[PDB]
Colleague: 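I'd like to ask some things about the structure below.
All residue numbers given for chain A refer to the PDB entry; the residues shown span 338-466 in order. When a ligand or atom number is given, it counts from 1 through the structure's own listing order. Below, each value reflects all heavy atoms present in this structure, side chains not excepted, and no hydrogens, waters or symmetry copies.
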Amino acid sequence: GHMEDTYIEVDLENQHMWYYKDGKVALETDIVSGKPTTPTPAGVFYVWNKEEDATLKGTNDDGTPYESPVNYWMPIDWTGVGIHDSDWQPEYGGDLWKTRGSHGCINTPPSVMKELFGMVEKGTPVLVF
Ligand SMILES: *C(=O)[C@@H]([C@@H]1NC(C(=O)O)=C(S[C@@H]2CN[C@H](C(=O)Nc3cccc(C(=O)O)c3)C2)[C@@H]1C)[C@@H](C)O
């Protein structure tokens, strides 16, 4: 269980992302989670911050630091993951995460994770599964 019924939610299996307001969604979007080599965990993560013109930095699973200046970012925790809008990725659908192999988190459409930033609040829960 997480909070009142509001949260970001994803389904990697089904490569689809959501926002949830009212236990129902605010967002419905198609995504791509992280690559098979370094899979996404799915379960319960947390947007304790929603972002605008964020930058997805860090280090690759290889030890190769990176950046991805994102329009909208939810730096979620304890899992490494992070849901975000992805203007750089033109695909979302059936399993891209394996073929396109994008890092470890969920690559959400630029149009939706904005909405998100607009509905989710610092403290909203994040899910992928
Ligand atoms: C979505 O993919 C999201 C982030 N991508 C990555 C990623 O690893 O590329 C993660 S996991 C996160 C990345 N930064 C940490 C990490 O792996 N550090 C690391 C890894 C290997 C070696 C070193 C080192 O030598 O210091 C460090 C964990 C995350 C889902 C957004 C932000 O792009």
Colleague: Provide the recorded name of the drug at ligand 1.
Modeller: ertapenem (bound form)
Colleague: According to the PDB entry, what is the name of the macromolecule sharing the most 4.5 Å contacts with ertapenem (bound form)?
Modeller: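 The largest contact partner is erfk/ybis/ycfs/ynhg.
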Colleague: Which residue and atom does the covalent bond from ertapenem (bound form) terminate on, if one is modeled?
Modeller: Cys442 SG
Colleague: Enumerate the residues contacting ertapenem (bound form) with a heavy-atom distance under 4.0 Å.
Modeller: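 Residues with a heavy atom in range: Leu393, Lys394, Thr396, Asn397, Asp398, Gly400, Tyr403, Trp410, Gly417, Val418, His440, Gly441, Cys442.
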